[PDB]
A.B. asks: 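Attached: Integrase with BI 224436 bound.
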Amino acid sequence: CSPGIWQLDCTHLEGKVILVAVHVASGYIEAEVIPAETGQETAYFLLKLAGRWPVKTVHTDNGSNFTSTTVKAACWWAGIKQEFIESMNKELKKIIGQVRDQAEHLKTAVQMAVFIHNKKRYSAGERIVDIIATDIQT
Amino acid sequence: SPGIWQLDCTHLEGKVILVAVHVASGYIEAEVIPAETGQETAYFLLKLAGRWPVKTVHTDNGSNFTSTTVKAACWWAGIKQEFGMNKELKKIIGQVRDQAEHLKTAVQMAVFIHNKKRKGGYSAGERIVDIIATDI
Amino acid sequence: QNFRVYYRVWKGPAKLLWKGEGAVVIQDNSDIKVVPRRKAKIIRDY
Amino acid sequence: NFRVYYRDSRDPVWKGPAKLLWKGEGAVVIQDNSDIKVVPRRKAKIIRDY
Ligand SMILES: Cc1nc2ccccc2c(-c2ccc3c4c(ccnc24)CCO3)c1[C@H](OC(C)(C)C)C(=O)O
Ligand SMILES: Cc1nc2ccccc2c(-c2ccc3c4c(ccnc24)CCO3)c1[C@H](OC(C)(C)C)C(=O)O
């Protein structure tokens with residue numbers, strides 16, 4: 001079921017930092033292109049995520065940005081436990097590559113690719129709402 | 001109602017908070033942006049649309065909302081734009097404002113508070129997922 | 001593949017007719033016109 | 001309930017959640033695990049849980 005389990009990752013692309021959240025159960029994606037691979041940025045991301053989804057647990061690496069105290073603060077505040085497969089991340093890279101030339105800015109390509117990924121079919125966008133919904137309703 | 005949203009700009013502390021309300025559920029997304037531009041508005045809309053099945057967006061005659069960048073985003077995704085919980089959000093931001101350094105942090109705190117709050121009688125965060133889920 | 005051109009401070013969407021070496025011929029309301037290629041971006045739909 | 005994050009030197013790194021014992025004009029007394037500690041108010045981030 002794992003409705004509250006997410007995974008957080010940093011990709012580097014075109015000397016920029018894409019931050020990616022995967023809802024493990026559904027395969028659904030959120031991504032944001034951030035100016036620095038900092039704990040501040042990671043934590044502000046996590047807040048946005050948590051205000052939108054029931055997030056119980058976040059899986060991350062030993063990234064200095066993820067072991068940062070700002071992230072810890074966010075987690076404690078919102079009641080997220082932090083723990084210390086990644087095909088949805090690699091697929092995202094692929095799609096970005098595919099659509100990259102369709103848009104000027106990398107950020108636009110990233111969000112295009114997220115949209116493509118979540119909507120493709122059934123879909124991850126549907127699976128997540130279904131999962132979260134069944135968990136509230138039963 | 002499933003797929004109907006409303007978009008608004010608040011100005012606060014010489015900053016531009018951009019707010020999306022899912023009209024049916026009362027659910028909120030907000031982002032503090034550096035400029036009240038059409039580029040920024042449109043990039044917001046893309047993020048929103050990749051996450052929710054959004055059919056129609058209600059906005060004002062804001063130059064940022066009548067901007068083609070926004071029009072482009074709408075046409076690209078599925079979205080009809082119409083031209084013909086926000087006030088509560090402001091209140092909550094005011095309440096929590098001093099708890100955080102940056103306005104953006106206060107805004108996201110307030111969004112979280114708003115979406116998770118109940119009337120004990122479900123929360124907006126729950127109502128939206130329920131609505132979207134029952135649809136499809 | 002439905003393509004939308006935004007053209008020359010930007011105008012659109014206008015309907016794709018023909019795209020050529022250095023310009024693209026297009027129209028929306030009734031006014032057909034030709035604009036040089038690089039400032040009349042073409043973005044498809046999903 | 002209240003969590004204190006603090007810098008207890010120049011600034012290697014903010015130190016993890018510590019319990020607030022007392023907050024006064026120029027200082028805060030906190031307990032980090034077993035250890036009572038005193039830091040200036042200005043080196044202390046005090047956040048209330050949701
Ligand atoms: C600047 C800062 N600096 C910090 C330094 C050390 C520890 C936390 C921060 C925090 C902080 C982190 C996580 C939170 C916070 C909350 C309230 C207030 N501050 C924070 C509730 C939600 O989660 C913050 C906040 O800013 C970021 C979110 C950009 C890091 C803030 O504006 O206070
Ligand atoms: C720079 C620009 N400049 C513009 C100028 C005029 C009109 C649109 C843009 C667009 C544009 C708008 C909406 C879209 C786009 C897509 C691909 C490429 N560009 C866009 C698919 C999703 O919807 C864009 C895009 O950038 C923003 C998202 C910051 C606006 C882009 O990176 O090409």
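A note on names: the letters A, B, ... follow the listed sequences, proteins ahead of strands, and every chain is numbered from 1. Basis for what follows: all heavy atoms, side chains included, without hydrogens, waters or symmetry-related copies. Start at 1 and go down the list; that is how both ligands and their atoms are numbered. Header lists the method as X-ray crystallography, 2.9 Å.
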A.B. asks: Enumerate the ligands or chains that make up BI 224436.
C.D. replies: ligands 1 and 2
A.B. asks: Are any other chains within heavy-atom reach of BI 224436 (ligand 2) at under 4.0 Å, and if so which?
C.D. replies: A, B, C
A.B. asks: Using a cut-off of 4.0 Å, enumerate the other ligands and ions near BI 224436 (ligand 2).
C.D. replies: none
A.B. asks: I'm curious what the deposit calls chain C - any idea?
C.D. replies: Integrase
A.B. asks: What residues contact BI 224436 (ligand 2) if the heavy-atom distance limit is 4.0 Å?
C.D. replies: A:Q102, A:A103, A:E104, A:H105, A:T108, A:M112, B:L46, B:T68, B:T69, B:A72, B:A73, B:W76, C:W10, C:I43
